[PDB]
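Chains are named by letter, beginning with A, in the same order as the sequence lines. By the PDB entry numbering, chain A shows 1-99, in order. The residue numbers of chain B are those assigned by the PDB entry, with the residues present covering 1-99 sequentially. So this one's X-ray crystallography, 2.0 Å, going by the header. Just follow the structure's listing: the first ligand is 1, and inside any ligand the first atom is 1.
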There are 2 protein chains.
Amino acid sequence: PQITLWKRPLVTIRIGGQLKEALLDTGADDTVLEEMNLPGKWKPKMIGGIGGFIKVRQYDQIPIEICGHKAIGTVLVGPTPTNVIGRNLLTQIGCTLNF
Amino acid sequence: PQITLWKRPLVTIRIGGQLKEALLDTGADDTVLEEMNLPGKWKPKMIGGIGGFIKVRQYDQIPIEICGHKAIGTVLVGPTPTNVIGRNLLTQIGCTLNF
Ligand SMILES: CC(C)(C)NC(=O)[C@@H]1C[C@@H]2CCCC[C@@H]2CN1C[C@@H](O)[C@H](Cc1ccccc1)NC(=O)[C@H](CC(N)=O)NC(=O)c1ccc2ccccc2n1
């Protein structure tokens, strides 16, 4: 589908048996999700952005469905005010920017 | 043009009569550029990102050429890791997400 940018590009995602709203973010290298108790091993990581860095937990090979499109990859979990779908997953669902 | 996301979506912009590189970011509501001198008066403002809030200078009605396309809107200048072109300007050039 085609998504206009008049409003934040929020879509429904499915991860770890849960439905959430997430922001399609072409400006994010990674996918960062709100704090959630996912099972499995994780490794500590530090990621940054505008106001500085935050500590997050890195989970690998997590199945995730974005707007009905299946994907699988690395997700970072931490204290973020919003769920962000970064380029690592956007490329998997064939997402492109057009103008 | 159609831009894939395997690499960061960086484009060249011309502003204040000078060239710079910026990121086309669908996740950003506003446009934030690295510290630089811009004609006109500015107003102190604060914006939040991942990591926290920062103090920026707000310049209104600034003309900016993005990859050959003209736009005129609000631009925020402050201590940012990279130049980000947000939705306020992306909408002006007719940018959309597609998959
Ligand atoms: C620019 C501003 C208007 C303030 N908006 C935002 O920052 C909003 C805020 C929203 C609410 C909080 C959670 C994030 C979302 C999306 N972001 C947009 C969002 O696109 C933002 C843009 C950006 C890119 C690079 C540097 C700074 C800022 N990206 C990010 O925050 C992603 C997060 C990540 N690790 O994937 N950062 C990076 O992709 C990234 C890349 C290289 C870097 C080098 C040095 C330091 C930091 C670096 N961060």
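At ligand 1 one finds the drug saquinavir.
Looking only at contacts, the largest set of contacts to saquinavir (ligand 1) comes from what the PDB entry names Protease. At a heavy-atom cut-off of 4.0 Å, other chains contacting saquinavir (ligand 1): A, B.
Residue contacts with saquinavir (ligand 1) for A/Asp30 involve both N, CA, C or O and side-chain atoms from C-beta outward (heavy atoms, distance under 4.0 Å). In this structure no covalent anchor for saquinavir (ligand 1) is modeled. Of the protein's heavy atoms, A/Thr82 CG2, 4.3 Å lies nearest to atom 10 (C) of saquinavir (ligand 1). Of all the heavy atoms of B/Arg8, the ones lying under 4.0 Å from any atom of saquinavir (ligand 1) belong exclusively to the side chain. Contact annotation: for A/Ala28 versus saquinavir (ligand 1), heavy atoms closer than 4.0 Å belong to both the backbone and the side chain.
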